[PDB]
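As structure tokens, the structure follows; a few thoughts come after it.
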Amino acid sequence: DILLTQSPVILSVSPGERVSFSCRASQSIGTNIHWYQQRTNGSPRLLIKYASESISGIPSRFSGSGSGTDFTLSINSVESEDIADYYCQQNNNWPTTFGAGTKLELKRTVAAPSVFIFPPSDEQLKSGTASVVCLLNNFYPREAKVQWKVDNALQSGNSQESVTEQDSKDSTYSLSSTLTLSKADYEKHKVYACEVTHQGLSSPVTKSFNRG
Amino acid sequence: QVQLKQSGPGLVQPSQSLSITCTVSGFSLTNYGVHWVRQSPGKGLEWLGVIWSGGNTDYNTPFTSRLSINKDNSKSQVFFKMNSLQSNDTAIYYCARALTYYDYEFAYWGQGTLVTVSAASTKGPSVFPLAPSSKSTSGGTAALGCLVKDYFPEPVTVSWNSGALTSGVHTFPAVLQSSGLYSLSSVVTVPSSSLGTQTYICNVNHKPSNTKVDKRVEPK
Amino acid sequence: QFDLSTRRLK
């Protein structure tokens, strides 16, 4: 099989800049290469066929070049909606094979998260478990720290985080931190606090609530 | 328009078989080949095989013995069946159609079927409200959401107000808990003044367990 | 590395 090597694994650019994706083949494949865009939760979308041929309904900012072993997908001026992974495909040799993909990330201005905290529902407490949720909304860059405290006791290892993929419209991220405890411990304490550290804040932001 | 719609996502026991149906429209199977491609953590995009206009099949070398593709032209259906799945066969499976009948430039894709190979049982989620409050309001914007807890396998879909609410929606990637069940939250920010006037409902759908829940979310 | 939850490289 042809090995297709895409480089680099991650590209990071700002809107309006040109960007180029590289695809190298293990032996010559003429111009038999196609390029695909994959967005979050999406199926691959055909951008360019046969190295440089345009595809109906694909924006003009996409173009391709190359022949032999070395190929390039270009975006002449990057838009926020181009945040995706990109894959090349050869079909000069059976079977058709795909490269491992390059991730496109967008830079933007620093944006501080908005922080919200949600106590567990009475509904959930009926089941014997309490989930306390801390939401950090629309921030940049991705790195942030969430620290839980129950009655001044620092919590560790009893929470999980999830981060959305980069927003296609404003390039920010969102983060959820869920602190999980039993109904019994929850009823045993009063003050529930999520302290958030981020580059866009001039000091840690604490959102808290007293049970009841 | 041209469309490829795949059967719902499902769990497959180890050593057991995977069956997916691809129902097409916008073109006739007697004129185009339908291909099958998957996407795994281990091997990325991987072409599995094809059934041509005339019914001939090709299978990528590693699958010549455990793969079978068939079709019903009159019903516009293509059937994929793979045998003896190990856990590294966990992946997204797609059916695809090319631009020209003989070619491999995949211009049309199915939505993809997330396939989980695991011995565990299906379990539907519980849906708990993430109630808006003053602790979740800022600048006349309130945040609110739904906690979709303790389900297996992935995925669940979540929408808001039956699709009419999409702006300001963030539905988080599922995380695997220690219990081996997944969990996620879906949040939305809205004007706080609309909380007394508008209804907010998260539509949670977990197909593998046939669980559909509409959860109304109110200030407490 | 491809992640089945987001369908994105992680």
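Numbered from 1 within each chain, the chains take letters A, B, ... in sequence-line order. In what follows, every heavy atom counts, from backbone to side chain, and hydrogens, waters and symmetry copies are set aside.
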**Item:** Chief macromolecule bound to chains A and B (the PDB entry)
**Value:** meditope
**Item:** Recorded drug name at chains A and B
**Value:** cetuximab
**Prompt:** Which answer fits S43(A), side chain, backbone, both or neither, if we ask what part of it has an atom under 4.5 Å from a heavy atom of chain C?
**Reply:** both
**Message:** Does any backbone or side-chain atom of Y86(A) lie under 4.5 Å from a heavy atom of chain C? Answer side chain, backbone, both or neither.
**Reply:** neither
**Request:** List the one chain of cetuximab with the top count of heavy-atom pairs under 4.5 Å with chain C.
**Result:** chain A
**Message:** Need one label for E165(A): side chain, backbone, both or neither, based on atoms under 4.5 Å from any heavy atom in chain C.
**Reply:** side chain
**Message:** Could you pull out the residues near cetuximab at 4.5 Å? Heavy atoms only, by chain and number.
**Reply:** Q1(C), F2(C), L4(C), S5(C), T6(C), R7(C), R8(C), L9(C)
**Prompt:** For chain A, what name does the PDB entry give?
**Reply:** cetuximab Fab light chain
**Asked** What name does the deposit give to chain B?
**Response** cetuximab Fab heavy chain
